[PDB]
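Drug avibactam (bound form) bound to macromolecule Peptidoglycan D,D-transpeptidase FtsI.
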Amino acid sequence: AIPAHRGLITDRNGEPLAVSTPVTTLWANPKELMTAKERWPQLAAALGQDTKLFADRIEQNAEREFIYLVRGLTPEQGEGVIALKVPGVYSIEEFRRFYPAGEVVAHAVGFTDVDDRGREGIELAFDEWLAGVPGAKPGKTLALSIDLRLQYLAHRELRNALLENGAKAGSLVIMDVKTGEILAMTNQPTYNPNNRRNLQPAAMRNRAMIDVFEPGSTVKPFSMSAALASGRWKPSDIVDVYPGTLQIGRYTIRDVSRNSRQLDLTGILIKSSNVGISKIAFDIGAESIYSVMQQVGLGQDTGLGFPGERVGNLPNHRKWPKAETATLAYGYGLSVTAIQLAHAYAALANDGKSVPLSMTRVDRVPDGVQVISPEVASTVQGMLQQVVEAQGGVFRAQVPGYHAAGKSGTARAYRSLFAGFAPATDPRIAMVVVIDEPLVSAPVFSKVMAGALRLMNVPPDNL
Ligand SMILES: *C(=O)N1C[C@H](NOS(=O)(=O)O)CC[C@H]1C(N)=O
């Protein structure tokens, strides 16, 4: 079996992320080795192996005709060994993977097993494209959708934010709302795929795709989309939330800011009123809200074929009582990933058209599905822009130079969420920030979005 050169993984711009690099493996015929047995200690020594352990192995495999001595040496370490002229000690020309961007893109790229077979991330998800057949024809080059500049910016800013708010884990997703491309996907903690002899299993977790949480107030825009499509609600319509609590038989819904009476629909998002969103949910029914949430992909299969990727659960109760109707509308009757939430915000930002997710470079954009009507999506866009701009809004998420739109929330162990997109008047990027915890994340959205849009030469719309 003559191993094949493995396809190069680059980022969307050609920066190398996984490189098949030639190495020398030394193998040995044990039967031939029992012949040159006064040579073993020199072989053992030049292999870094204990003389008696080395002798025990050879003696143990005395029957066999093929064993490995060392895998993956550089071509002149193995050159030095066979230059010792030991009978029965030969060569096999293999390839080892090296990951030049290291821990910056570890979870997305993944890595190979000892036999150069895809074991995590893109390396696994596209193993057949990348492998090609042993002898021996070489695998195929793959350009990810990741932009290493945006990835590094997200990685650096997310790690800082965890160090600021004393947090341990978290993730950040950046998406092209127009093409479906995942421009950045970064997790903390992360790990160096070039030195994974010693890496904890918690840092191996691709949180953005695996960590499932109730998204809370971040799905209020979708509950509000259902409201605007029902035909019973215009943006300037009024809901009375006084006194910030609402009794549902036994349950009591409680707002965080209990300082309002009448709120228009934008006000319900600015103040993030569970009372107001529930009252609207009672009026329109949970079926409409479930439908928008399912249509934008919340709790649905992302279809990336990514290893480990989880789906969450959007339960289709078919008929919802009042309590489950409200708990769905303000985001605790479902479970999602950061990737699903970003895809949903992408659909909202892309004038209600959902373009399918892609972890590889998209040259020919597939046609999307109009999942939210363009009028409703553009209305909700304006409301979310008011959530960031307006008085009492999430000011720490404002992006200097541009108009940004978005929604904070608390996920549920809790996590701070910010989901948003920019620029508000011709959106290009959706972003989801997840910081695990024992408006933390709105500043990170601000920093990372400011840089991402500038890296993409997106002209300021705040003129
Ligand atoms: C949303 O996640 N929730 C509703 C409310 N919104 O506040 S926020 O704008 O900081 O997200 C308070 C937090 C949470 C909830 N506990 O119901």
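Per the PDB entry, chain A residues shown: 57-191, 213-489, 502-527, 536-560, in order. One-based numbering, in listed order, for ligands and for the atoms of each. Below, each value reflects all heavy atoms present in this structure, side chains not excepted, and no hydrogens, waters or symmetry copies.
Per-residue contacts place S294 under 4.0 angstrom from the following atoms of avibactam (bound form, ligand 1) (heavy atoms of the residue considered): 1 (C), 2 (O), 3 (N), 4 (C), 5 (C), 6 (N), 11 (O), 14 (C). Below 4.0 Å from some heavy atom of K297 lie the following atoms of avibactam (bound form, ligand 1), by number and element: 4 (C). For avibactam (bound form, ligand 1), the modeled covalent bond goes to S294 OG.
Atom numbering of avibactam (bound form, ligand 1) starts at 1 in the shown order; those under 4.0 Å from a heavy atom of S485 are 8 (S), 9 (O), 10 (O), 11 (O). Among all UniProt-designated active-site residues of chain A, the one at the smallest non-hydrogen distance from avibactam (bound form, ligand 1), rounded to 1 Å, is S294, 1 Å. The protein heavy-atom contact nearest to atom 11 (O) of avibactam (bound form, ligand 1) is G486 CA, 3.1 Å. Those atoms of avibactam (bound form, ligand 1) that come under 4.0 Å of a heavy atom in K484, given as number and element, are 9 (O). Taking a 4.0 Å cut-off on heavy atoms, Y409 registers as neighbouring avibactam (bound form, ligand 1).
Scanning the protein heavy atoms around atom 13 (C) of avibactam (bound form, ligand 1), the nearest turns out to be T487 OG1, 4.0 Å. With a 4.0 Å heavy-atom cut-off, avibactam (bound form, ligand 1) is reached by the side chain of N351 but not by its N, CA, C or O. Look at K348 and you'll find every heavy atom at least 4.0 Å from all atoms of avibactam (bound form, ligand 1). Atom 6 (N) of avibactam (bound form, ligand 1) has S349 OG, 2.8 Å as its closest protein atom, hydrogens excluded (heavy atom only). In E291, neither the side chain nor the backbone holds a heavy atom less than 4.0 Å from any atom of avibactam (bound form, ligand 1).
Avibactam (bound form, ligand 1) lies out of reach of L536, whose nearest heavy atom is not under 4.0 Å from it. Binding site of avibactam (bound form, ligand 1) at 4.0 Å (heavy atoms): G293, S294, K297, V333, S349, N351, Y409, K484, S485, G486, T487.
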Pairwise, report which nitrogen or oxygen atoms of avibactam (bound form, ligand 1) are under 3.5 angstrom from protein nitrogen or oxygen atoms, and how far apart they are.
{"unit_1": "avibactam (bound form, ligand 1)", "atom_1": "2 (O)", "unit_2": "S294", "atom_2": "N", "d": "2.9"}
{"unit_1": "avibactam (bound form, ligand 1)", "atom_1": "2 (O)", "unit_2": "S294", "atom_2": "OG", "d": "2.3"}
{"unit_1": "avibactam (bound form, ligand 1)", "atom_1": "2 (O)", "unit_2": "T487", "atom_2": "N", "d": "2.7"}
{"unit_1": "avibactam (bound form, ligand 1)", "atom_1": "3 (N)", "unit_2": "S294", "atom_2": "OG", "d": "2.3"}
{"unit_1": "avibactam (bound form, ligand 1)", "atom_1": "6 (N)", "unit_2": "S294", "atom_2": "OG", "d": "3.3"}
{"unit_1": "avibactam (bound form, ligand 1)", "atom_1": "6 (N)", "unit_2": "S349", "atom_2": "OG", "d": "2.8"}
{"unit_1": "avibactam (bound form, ligand 1)", "atom_1": "9 (O)", "unit_2": "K484", "atom_2": "NZ", "d": "3.3"}
{"unit_1": "avibactam (bound form, ligand 1)", "atom_1": "9 (O)", "unit_2": "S485", "atom_2": "OG", "d": "3.2"}
{"unit_1": "avibactam (bound form, ligand 1)", "atom_1": "11 (O)", "unit_2": "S485", "atom_2": "O", "d": "3.4"}
{"unit_1": "avibactam (bound form, ligand 1)", "atom_1": "11 (O)", "unit_2": "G486", "atom_2": "N", "d": "3.4"}
{"unit_1": "avibactam (bound form, ligand 1)", "atom_1": "17 (O)", "unit_2": "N351", "atom_2": "ND2", "d": "3.1"}

